[PDB]
Number of protein chains: 2
Amino acid sequence: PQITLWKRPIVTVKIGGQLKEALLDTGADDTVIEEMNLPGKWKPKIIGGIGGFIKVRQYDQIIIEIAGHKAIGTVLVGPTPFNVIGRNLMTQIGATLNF
Amino acid sequence: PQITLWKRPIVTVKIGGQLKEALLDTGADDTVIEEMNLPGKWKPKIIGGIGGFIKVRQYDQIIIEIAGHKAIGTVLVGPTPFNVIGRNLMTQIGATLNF
Ligand SMILES: COC(=O)N[C@H](C(=O)N[C@@H](Cc1ccccc1)[C@@H](O)CN(Cc1ccc(-c2ccccn2)cc1)NC(=O)[C@@H](NC(=O)OC)C(C)(C)C)C(C)(C)C
C-alpha cells in the first residue's frame, strides 16, 4: 500500500497469532510492543526515546505478519501503551519512504 | 527519492541559515530540532514519547529545506536526543510510506 502521513501510520499486524495495531515508525531502530507474553528466552535491553531511557525485554526470532509479509526478528516487550514497528522488521517487507 | 530503511533515514536539512542532519520520522507528530536560534515569537509546548516528556519552544511558519524540498511550518526547539522531521512537514514534501 501507499500510506500517507496526514494521520499516524497505524496498521494491523499479526503477532502471536492475534491481530494488533502498531505504528510504522521510520524513526524507530527497534520494534517495541506493549507488555505481553512471548515464546522463548529473552535478554534485557535499554532503549532511548525523546524523554530518556526505558528497560525492555528482547525476544529473538519473533514473527510479525505485516500486509501478508512475514517478518521475523527481534521484538522488544516494554511498558508502552502502544505498539511500534521499527526498521528492523520494515526492511524485511520492503517498506520505503517516497517523495 | 525512494529511501530504504536498512539505515536510519537521515537527510540534510537547511534551517535558519544552517545545514543540519535530521531523521525522517513517521513516528513523530512534530518536527523537533536541537537548541538553535529562530526568528519570531514562540509558545511553550510539552511533547512526549518513550522515556517521558521534554519542554520545547514552538516556532511557526519556519522555512526549512528537507533533502531539497521546501516546507514552511512549525518547528519545535528543545533538548531533543535527536533532530527529527515529523509528519507535519513530511506531508508538505509529499512523503509516503510504501510497501
Ligand atoms: C535509537 O532510538 C530509537 O530508535 N528510539 C525510538 C524512538 O523513541 N523514536 C522516536 C524518534 C527518536 C529516536 C531517538 C531518540 C529520540 C527520538 C520516534 O520515532 C517515536 N517516538 C515515540 C512514539 C512512538 C509511537 C507512538 C504511537 C501513537 C499512537 C499509536 C501507536 N504509537 C507515540 C510516540 N515519537 C516521539 O517521541 C514523538 N512524540 C509524538 O509524536 O507523540 C504524539 C516526538 C518525536 C514528536 C516527541 C524507539 C524507542 C521507539 C525504538
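The chains carry the letters A, B, and so on, in the order of their sequence lines. So for chain A, numbering is the PDB entry's, and the shown residues are 1-99, in order. The numbers used for chain B are those of the PDB entry, and the residues that appear cover 1-99, in sequence. Order of listing sets the numbers, starting from 1, for every ligand and every atom in it. Below, all heavy atoms of this structure are taken into account, side chains as well, without hydrogens, waters or symmetry copies.
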Out of interest, what does the PDB call the drug at ligand 1? atazanavir
I'm curious which macromolecule has the most heavy-atom contacts with atazanavir - what does the PDB entry call it? pol protein
Which chain letters have at least one heavy atom nearer than 4.0 Å to any atom of atazanavir? A, B
Heavy-atom contacts under 4.0 Å between B:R8 and atazanavir: side chain, backbone, both, or neither? side chain
Can you tell me which residue and heavy atom of the protein come closest to atom 45 (C) of atazanavir, and the distance to 0.1 Å? B:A28 CB, 3.8 Å
Under 4.0 angstrom from atazanavir, any heavy atom of A:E21? no
Checking a contact table here: which protein heavy atom is nearest atom 30 (C) of atazanavir, and how many Å away? A:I10 CD1, 3.5 Å
Is there a polar contact, in the sense of an N or O pair closer than 3.5 Å, between A:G27 and atazanavir? yes
Applying a 4.0 Å heavy-atom criterion (strictly less than), which segment of B:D29 is in contact with atazanavir: side chain, backbone, both, or neither? both
Give a yes/no verdict on whether any heavy atom in A:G48 is under 4.0 Å from an atom of atazanavir. yes
Any idea which protein heavy atom is nearest atom 24 (C) of atazanavir, and the distance to it? A:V84 CG2, 3.6 Å
Around atom 8 (O) of atazanavir, find the nearest protein heavy atom and jot down its residue, atom name and distance. A:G49 CA, 3.3 Å
Backbone or side chain, does any N or O of A:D25 fall under 3.5 Å from an N or O of atazanavir? yes
Looking only at N/O atoms, are B:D30 and atazanavir under 3.5 Å apart anywhere? no
Please write down residue, atom name and distance for the protein heavy atom closest to atom 17 (C) of atazanavir. A:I50 N, 3.8 Å
Give the residue and atom name of whichever protein heavy atom lies nearest to atom 23 (C) of atazanavir, and the separation in Å to one decimal. A:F82 CZ, 4.0 Å
Give the residue list for atazanavir, heavy-atom cut-off 4.0 Å. A:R8, A:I10, A:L23, A:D25, A:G27, A:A28, A:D29, A:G48, A:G49, A:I50, A:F82, A:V84, B:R8, B:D25, B:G27, B:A28, B:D29, B:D30, B:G48, B:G49, B:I50, B:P81
